[PDB]
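Opening notes on acetohexamide bound to Carbonic anhydrase 2.
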Amino acid sequence: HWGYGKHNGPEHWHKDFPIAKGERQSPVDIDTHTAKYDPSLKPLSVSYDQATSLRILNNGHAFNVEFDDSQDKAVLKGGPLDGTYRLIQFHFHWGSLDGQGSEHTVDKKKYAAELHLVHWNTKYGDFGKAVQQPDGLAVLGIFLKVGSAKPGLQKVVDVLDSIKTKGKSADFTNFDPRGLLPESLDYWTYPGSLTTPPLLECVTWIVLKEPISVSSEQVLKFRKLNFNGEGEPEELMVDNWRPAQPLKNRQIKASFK
Ligand SMILES: CC(=O)c1ccc(S(=O)(=O)NC(=O)NC2CCCCC2)cc1
Ligand SMILES: [Zn+2]
């Protein structure tokens, strides 16, 4: 099936998933100087107090921390969003080296990695139905650079030896994702897509300006992960990112001057 190699990589995806060359594909380059401050943007409300992690999954693409999205416990609202969006999962995309890994770029700049806190609109009832809708998902994009450790990322780093290969999963309760947030909620926003197949055009994107600092050792653990399944030739999970896509008929709004 699809992957990130020479033969199944992003440039091959359009064959099985035509929308890949569609009209609102993610990620994009964020031209910070082309983006308009939008006064009419309401403030971003990130309400992660009752957030309930359950499991961590290696799906052979990335790893997902899954949350109990059976009630309004950890929600994204305000900003550009109309209604309430439930956190289902977060995952990263990262590089073979520190000079790459991010999917979104800022004035063509690539970060070491990028966090997707994935939420779905509660008016659609569930995630599968939400991705069928243009306003179905809100993804909170956060850039990772290498420097200081993120203390609140270490619990996730420590358990990754337990989910080394495709398919493997671990109980992962009580993780507080507020420890992955930067200081500032300043953000760009655009209409966009899932960045992997099926690349559905169901995403309101919210990328924070302020990156979080992770340690080289924290990112080195992500790179020790495996695309392949247990008992298979070792392919290291690195450069699991989609390059920037054509902006087409889209304006990127900013929450700040
Ligand atoms: C753009 C973006 O953030 C996003 C892309 C795909 C999906 S999905 O297809 O609904 N999720 C998964 O089942 N897999 C996950 C995701 C892709 C890597 C981590 C693993 C969810 C969010
Ligand atoms: Zn993602």
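Here the PDB entry sets the residue numbers for chain A, with the shown residues being 4-125, 127-261 in order. Every number for a ligand or one of its atoms is a count from 1 in the order of the listing. What's counted below: heavy atoms across the whole structure, side chains too, no hydrogens, waters or symmetry copies.
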- acetohexamide - positions in model: ligand 1
- Name the option, out of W245, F131, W209, that contains the heavy atom nearest to atom 8 (S) of acetohexamide. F131
- acetohexamide - covalent bond target: none
- Message: Under 4.0 Å from a heavy atom of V121: which atoms of acetohexamide are those, numbered in the order shown and with their elements?
- Response: 22 (C)
- Look up the UniProt domain of chain A with the most contacting residues for acetohexamide. Alpha-carbonic anhydrase
- Relative to the heavy atoms of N67, which atoms of acetohexamide are at a distance of less than 4.0 Å? 12 (C), 14 (N), 15 (C), 19 (C), 20 (C)
- List the UniProt active-site residue of chain A that sits nearest acetohexamide, with the heavy-atom separation to 1 Å. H64, 5 Å
- Query: Given that the side chain starts at C-beta and the backbone is N, CA, C, O, which of these parts of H94 lies under 4.0 Å from acetohexamide, counting heavy atoms, or is it both or neither?
  - Reply: side chain
- Task: Cross the UniProt Zn(2+)-binding annotation of chain A with the residues having a heavy atom under 4.0 Å from acetohexamide, and give the overlap.
- Result: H94, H96, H119
- Of the backbone atoms (N, CA, C, O) and the side-chain heavy atoms from C-beta on, which set of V143 has a member under 4.0 Å from an atom of acetohexamide: side chain, backbone, both, or neither? side chain
- May I ask you to identify, for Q92, whether its side chain, its backbone, both or neither come under 4.0 Å of acetohexamide on a heavy-atom basis? side chain
- Item | Taking atom 3 (O) of acetohexamide as the reference point, the nearest protein heavy atom with its distance | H119 ND1, 3.1 Å
- Checking heavy atoms only, which UniProt-annotated substrate-binding residues of chain A fall inside 4.0 Å of acetohexamide? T199, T200
- Message: Hey, are there any other ligands or ions sitting under 4.0 Å from acetohexamide?
- Response: ligand 2 (zinc ion)
- Binding-site residues of acetohexamide, heavy-atom cut-off 4.0 Å: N62, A65, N67, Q92, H94, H96, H119, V121, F131, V143, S197, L198, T199, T200, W209
